[PDB]
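Overview of a structure with baloxavir.
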Protein chains: 8
Amino acid sequence: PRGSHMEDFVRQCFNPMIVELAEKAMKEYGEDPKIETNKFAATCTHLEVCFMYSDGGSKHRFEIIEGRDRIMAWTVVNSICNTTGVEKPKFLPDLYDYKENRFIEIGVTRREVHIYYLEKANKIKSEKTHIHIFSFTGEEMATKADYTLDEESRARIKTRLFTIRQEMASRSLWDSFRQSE
Amino acid sequence: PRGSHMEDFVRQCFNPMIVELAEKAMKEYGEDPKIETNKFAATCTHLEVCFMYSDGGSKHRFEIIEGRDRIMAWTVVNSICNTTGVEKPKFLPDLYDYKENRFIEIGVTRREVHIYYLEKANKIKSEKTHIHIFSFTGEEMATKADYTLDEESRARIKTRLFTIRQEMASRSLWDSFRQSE
Amino acid sequence: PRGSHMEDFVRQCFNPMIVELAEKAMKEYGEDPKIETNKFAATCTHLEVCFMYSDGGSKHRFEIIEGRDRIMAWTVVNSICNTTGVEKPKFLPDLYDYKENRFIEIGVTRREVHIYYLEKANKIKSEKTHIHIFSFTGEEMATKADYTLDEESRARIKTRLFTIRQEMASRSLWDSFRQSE
Amino acid sequence: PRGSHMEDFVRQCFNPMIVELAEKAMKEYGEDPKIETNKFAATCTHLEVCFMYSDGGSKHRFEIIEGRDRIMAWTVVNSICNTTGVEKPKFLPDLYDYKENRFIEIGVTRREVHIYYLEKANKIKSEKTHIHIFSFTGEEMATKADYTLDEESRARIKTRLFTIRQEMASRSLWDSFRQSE
Amino acid sequence: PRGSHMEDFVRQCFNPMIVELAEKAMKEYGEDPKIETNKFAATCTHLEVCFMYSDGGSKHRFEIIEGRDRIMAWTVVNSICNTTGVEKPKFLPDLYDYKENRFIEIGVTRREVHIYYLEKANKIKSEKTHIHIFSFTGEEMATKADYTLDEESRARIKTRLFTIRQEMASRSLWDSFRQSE
Amino acid sequence: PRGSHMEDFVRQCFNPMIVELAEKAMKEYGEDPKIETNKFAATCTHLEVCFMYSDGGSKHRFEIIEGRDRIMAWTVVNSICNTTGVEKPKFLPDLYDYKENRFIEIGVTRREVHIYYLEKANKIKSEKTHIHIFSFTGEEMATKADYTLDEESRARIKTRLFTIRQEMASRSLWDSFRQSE
Amino acid sequence: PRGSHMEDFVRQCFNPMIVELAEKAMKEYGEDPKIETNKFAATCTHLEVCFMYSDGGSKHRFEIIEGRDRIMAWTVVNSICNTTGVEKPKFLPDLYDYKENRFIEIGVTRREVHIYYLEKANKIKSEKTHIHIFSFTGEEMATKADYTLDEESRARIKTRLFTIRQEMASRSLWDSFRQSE
Amino acid sequence: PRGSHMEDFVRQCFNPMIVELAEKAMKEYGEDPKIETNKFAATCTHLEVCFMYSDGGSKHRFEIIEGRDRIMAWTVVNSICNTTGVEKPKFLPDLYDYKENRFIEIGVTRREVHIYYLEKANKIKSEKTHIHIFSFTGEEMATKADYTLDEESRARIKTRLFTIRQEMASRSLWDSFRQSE
Ligand SMILES: O=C1c2c(O)c(=O)ccn2N([C@@H]2c3ccccc3SCc3c2ccc(F)c3F)[C@@H]2COCCN12
Ligand SMILES: O=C1c2c(O)c(=O)ccn2N([C@@H]2c3ccccc3SCc3c2ccc(F)c3F)[C@@H]2COCCN12
Ligand SMILES: O=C1c2c(O)c(=O)ccn2N([C@@H]2c3ccccc3SCc3c2ccc(F)c3F)[C@@H]2COCCN12
Ligand SMILES: O=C1c2c(O)c(=O)ccn2N([C@@H]2c3ccccc3SCc3c2ccc(F)c3F)[C@@H]2COCCN12
Ligand SMILES: O=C1c2c(O)c(=O)ccn2N([C@@H]2c3ccccc3SCc3c2ccc(F)c3F)[C@@H]2COCCN12
Ligand SMILES: O=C1c2c(O)c(=O)ccn2N([C@@H]2c3ccccc3SCc3c2ccc(F)c3F)[C@@H]2COCCN12
Ligand SMILES: O=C1c2c(O)c(=O)ccn2N([C@@H]2c3ccccc3SCc3c2ccc(F)c3F)[C@@H]2COCCN12
Ligand SMILES: O=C1c2c(O)c(=O)ccn2N([C@@H]2c3ccccc3SCc3c2ccc(F)c3F)[C@@H]2COCCN12
Ligand SMILES: [Mn+2]
Ligand SMILES: [Mn+2]
Ligand SMILES: [Mn+2]
Ligand SMILES: [Mn+2]
Ligand SMILES: [Mn+2]
Ligand SMILES: [Mn+2]
Ligand SMILES: [Mn+2]
Ligand SMILES: [Mn+2]
Ligand SMILES: [Mn+2]
Ligand SMILES: [Mn+2]
Ligand SMILES: [Mn+2]
Ligand SMILES: [Mn+2]
Ligand SMILES: [Mn+2]
Ligand SMILES: [Mn+2]
Ligand SMILES: [Mn+2]
Ligand SMILES: [Mn+2]
């Protein structure tokens, strides 16, 4: 047994569906949520942001790729590629935008948004995949200064992120989380 | 007992409400889902596309004729005809469009959309009934190049169709399904 | 016991919430649904039309007065009058339109819409109350040729009304219902 | 035991979620709903108005601060301030408007709206916090004559307030409630 | 409007299903729950006791006659009589005991149980109908000193009755209720 | 369209799960509930009696064979036979009794129970299958005078049957139902 | 903000209904669950044990006094006393046993059961109130060596208590909890 | 992708809760349900049998150890051992019997029950752990000829097992499943 304070916080911070999907994702890659508790908190956070993000558009606008098992995520990507003609990305994206006709990679970072976007931009070769970074201090950075959603939908995310930061802080979990990325 | 791999795939591929409605439809016409398993898969697919399609418009836009028992489908058609003045079609359509004021026949084909539309166009005498064909490779073809719904709503359908194709393929069921139309 | 075929049809034709509200309305006025079965069918129909009607606008557009007990319906009317300055009507209306700022009296008739509107127009003294008649043959007639809702929302109602007519007919209940108004 | 007629009216007037949230709020400040029954009725009313108010905008428009425990309300305020740059208010507001980028203090008064707005305006130092007063007679008063929501959304609130007034009156509870502010 | 304190207490004292069934019962006999508020409280109480009583036996032991519309209550009585050979009672009973093979009339009184049993015993001619009286002070009296249920099941009822008495008292409603029988 | 009064009565008499299972059973054998309305009423009745019957024993006592598709009913029979050693019956039974270790054929008749039991006894060759007949007048007849369940569980069934008889009668449907067996 | 590891553990250890009832109980006595976190854990534990305990008897055996607001707990006690003749206890008990006709005070201790029973026995003057102590190491001690429930029902409680002990230990919360009584 | 016919059968054969728990169990041990499809079918079967088994006793009789994550299963075992004094087993058991005070290891085999019991008996050192083997042909074998449950509860399991065998057979999956143990 590990008995982590972070694990208990994550289960009280996030809704059960988010917790369960992150748990399953971590296991698919051979990570244990009871040990890699910072990663447990990060994947739950990233998932909520993706779900909040997809809720921001018009109905039917987004295809959610994140939150699926590896095989099924790539299946939906293939159907999207084979029906829209977009090139198949080399790395799994997070969403697909049926309005702008491009995949979206979403990032959540405890560092400056500019340095995380650099990393993801270099990692992904598919220059077509749109990148959108959010930070725990309320900054965001998006490819071509195109932020996809309107201001209010993005502001919700930023507010939620800062609330998770505080909840972590009041429990003395933030410092360990911050210096873990 | 038949014990079909396709039957089990259909029950895991489609949601129970779709499965049940297709089962009932097939029986109304004296077909057994446990034997005519390709038809089982086709009617479930066609139904989902119709439901996805009707979800694409503004609220109240569409009347769903598909997914009802024969007698009740013709009842709703009669009320539609007797209240809008449109001519009564000779063959049951799939939807009615209260915005464009016309019935819609929806088709899903494993062949080239152009050859399936030809068949349906000649079968139906009511030239007023709007035709919309979708293919399992992402093509679509609609009467008068009028596609009724906006791009994103149609792209969802095309993506879903290609996902069913893949799911069938990974189980070695696609070839039998394709060469069955 | 009465054991009416119409009573059983009404309970299978309408959803339980509509049936229950009409039953309660009829009793409040000292009418028995098991005897006055035509009135049972009429009040259920009128209620569904009112609910369909109120679903036709933008969110928050309509206040539903029908489907409440007498005392509470007049309470909501008073609050509406005392907050919008509109004159208090002499007879209970069916809805209030927050967009057009007027009460709506809704009518459903088995006769020509023009003769039913005449009756309601003369009955109500409050010339401000907007009148909207629907018929079982798909006609409608509204004060000042102002039909409040857009075409599709009204077409749904007309289709539903003609479907109830048919359902009644196939059971040989229509003739008795028609020649009862 | 107190056995208040007002307490029983409040539990039949408001929905359980509203009652429960007000009960919890009152206790957090060391007030007993079974004794301070006018305050019980007021906080339930204020809460419903806030929830009705937040339902009036576009989706994602408002952040609801009211209806949370003290510590969590200030947490969401901090995240809002730390992500939008708005100054942190000295007193807890009721909502945040992501469209207009300002906090909203909502007031419900049994006096003239003009005298209650004066009080709240002087109490709060943060001149940025938008003030919106509703009265039990259907008047409203908002900072800069900017009423945030469109007419119909505000008219619903005014109607609901006058309905609570009547419900109180028919039980001879209004006079005590009015002369308690 | 009547605006009764008793009416509001009844809706907070009893569960909605009990309230609704009593309301419907009272209307079937041309009584208004908003005026005859003592009768409103009495019929709700009597109903709860009957339901508690029927929950006291083994599964399938009791047929609940109370809580049905007049016509259906007499229908179930007829089926019981026509299948068990028991004589048809002249007045509607409250339950039927499939173990002891007899109808049960249940009484709840604010007077001495002995004087209420006398009344019911003389009212009913069918000496076969078993009588069981409960009082608001915890006394009970049953035909032939046969109390049907075991002690604990009857003690629950007595406890619940005294709790309703107290709830009424703390609101100064008991005296009016007591001196109303 | 047929528009039967019996069809509407059946849908108001029986619970939706019973109606649906009977509908499906009738179709599996190529019968239409909208035409063979007496058979519709009979199969619903028989099903309810079987479900009531299986609810009469101790938990786990009965295996319900009725209410399944043909293929699955015979599957459960085979597992029962292949695990208890009982001989496989030639005709589908209604239940299996794990306490008495025998299949049960349940019958509901509008004639004298003695003449219906004769028919079923001669039809079935498996003398091991226990027979239990119920009548619409409250009589019952069981193999070897062994009635499996205790008195109260059987009395419920008899009461329910006579209630269906009355409900049919008050609608002038009984005579046609009776003279149809 | 306090941000306690114990608080988060309690919300993941106990079911929401238990957490909520304990939170409300603590506030009624002017204790904050966010600060007095050991008491938060203790009251949740005690509540679960009481609910498990009451689930151990026959149906209707126990009246649950714990888990109610102070005023209502004493109301049910009064009805119990005024209907069974038992003397009214000076301190709120946890249950009432309708079979043995006595109140039960339940205790959960981190010390030797014998020393906690001594304390409760001296605190309560009503020698009639039955005492039942459980320990976190699986010991129990009951008045007159009468343990009310059968062995299996008590063993469940003991197992659950030791599981909470372990869950606390694996998080390094046990030592602080133990040395807090 | 694997696309197994067995995988699809398992998801249609077992209820979602059973499927999900087995999936999670298999992953905890580094097995993939999409590849080890026979093991997928076996663990689902074993789980259902355990749940059926635990449903066979009196309420509170059994503690279910199977169907939990490794760490929590051993936690409940420790609490059971530390509260009943039973020796801690070396290998995780399936249940604990509070009536007979012993752990139960449940086995399901496609071979002769006698050879599987031999294996489990030698594997486990704790001679105290009670062993109960079920076969897919309806045989069972239990330690000391003590079968814990009464006949009917065990017969249900045997019937269910043979039904899974048939369902597998009709799909030509049985032979591969049988020759896999
Ligand atoms: O989708 C992602 C993913 C992102 O989309 C992302 O933005 C950042 C990081 N990711 N990774 C996520 C992840 C997601 C969110 C926060 C941290 C991590 S850290 C690695 C990891 C992930 C999932 C499970 C797991 F066990 C991991 F170790 C992996 C990269 O491989 C494709 C899926 N994926
Ligand atoms: O509505 C349709 C229908 C279509 O709308 C359609 O587009 C293609 C094909 N259809 N047919 C559907 C159907 C639907 C979808 C896929 C395949 C089939 S193949 C024949 C068949 C259908 C339904 C039940 C059944 F038993 C059948 F044999 C029948 C044609 O008679 C009117 C209803 N209908
Ligand atoms: O609101 C209506 C109402 C209408 O709004 C309406 O359009 C036509 C007719 N109405 N009446 C409805 C009614 C509604 C729909 C169809 C038929 C009837 S017929 C009389 C009656 C009604 C309700 C209960 C009852 F027992 C009745 F006898 C009464 C007129 O008194 C105010 C309420 N009300
Ligand atoms: O948010 C409010 C609040 C308002 O927003 C408001 O508009 C008027 C009045 N308020 N107060 C509310 C309140 C809200 C609605 C109606 C009356 C009261 S009267 C004092 C009181 C409140 C909450 C609990 C409690 F026990 C109280 F005594 C307190 C002021 O401290 C911050 C929270 N709050
Ligand atoms: O069943 C009862 C009934 C009893 O069973 C009973 O015990 C006492 C009294 N009853 N009556 C109940 C009733 C039940 C409980 C408490 C008070 C009353 S007072 C009259 C009344 C009743 C129902 C509706 C109504 F409008 C009434 F005026 C009527 C007597 O006519 C048959 C039904 N019924
Ligand atoms: O199980 C029964 C069955 C009985 O168990 C029974 O007792 C009487 C009669 N049965 N039959 C039932 C049935 C059941 C209840 C009332 C009438 C009927 S009449 C024929 C029929 C049945 C089912 C569907 C259908 F379309 C039918 F025409 C058929 C006999 O073939 C095996 C299944 N079955
Ligand atoms: O019922 C109990 C109670 C017990 O029944 C008990 O066994 C031990 C202790 N109790 N007390 C419980 C309690 C219950 C369980 C564990 C610790 C505590 S510690 C004090 C406290 C309690 C409740 C709220 C609160 F804020 C408290 F400070 C109070 C004693 O006043 C009557 C109610 N009550
Ligand atoms: O509990 C069991 C278990 C049994 O109880 C059992 O009876 C037979 C076999 N078991 N094993 C089960 C299992 C259960 C049912 C059918 C086959 C298997 S095969 C190995 C395996 C199991 C679980 C997950 C997994 F990935 C596995 F490879 C493992 C042995 O390690 C402790 C848990 N466990
Ligand atoms: Mn991703
Ligand atoms: Mn990402
Ligand atoms: Mn069609
Ligand atoms: Mn089509
Ligand atoms: Mn009206
Ligand atoms: Mn009208
Ligand atoms: Mn506020
Ligand atoms: Mn405010
Ligand atoms: Mn009665
Ligand atoms: Mn009575
Ligand atoms: Mn049968
Ligand atoms: Mn039969
Ligand atoms: Mn206590
Ligand atoms: Mn205690
Ligand atoms: Mn195991
Ligand atoms: Mn095992």
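In what follows, chains carry the letters A, B, and so on, assigned in the order in which the sequence lines appear, proteins first and then strands, with residues in each chain numbered from 1. Every number for a ligand or one of its atoms is a count from 1 in the order of the listing. Basis for what follows: all heavy atoms, side chains included, without hydrogens, waters or symmetry-related copies.
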What ligand numbers or chain letters correspond to baloxavir? ligands 1, 2, 3, 4, 5, 6, 7 and 8
Which protein or nucleic acid chain has the most heavy atoms near baloxavir (ligand 6), under its name in the PDB entry? Protein PA-X
Could you check which other chains have a non-hydrogen atom under 4.0 Å from baloxavir (ligand 6)? F
Write out the binding site of baloxavir (ligand 6) as chain and residue number, heavy atoms closer than 4.0 Å. F/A25, F/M26, F/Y29, F/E31, F/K39, F/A42, F/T43, F/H46, F/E66, F/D94, F/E105, F/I106, F/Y116, F/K120
Is any heavy atom of the protein nearer than 4.0 Å to atom 11 (N) of baloxavir (ligand 6)? no
May I ask you to identify the nearest protein heavy atom to atom 17 (C) of baloxavir (ligand 6), giving residue, atom name and distance to one decimal place in Å? F/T43 CG2, 3.8 Å
Of all the non-hydrogen atoms in the protein, which one sits nearest to atom 23 (C) of baloxavir (ligand 6), and at what distance? F/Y29 CD1, 4.2 Å
Neighbouring ligands and ions of baloxavir (ligand 6) (cut-off 4.0 Å): ligand 19 (manganese (II) ion), ligand 20 (manganese (II) ion)
Looking at atom 32 (C) of baloxavir (ligand 6), is any protein heavy atom nearer than 4.0 Å to it? yes
Where, by residue and atom, does the entry place a covalent bond to baloxavir (ligand 6)? none
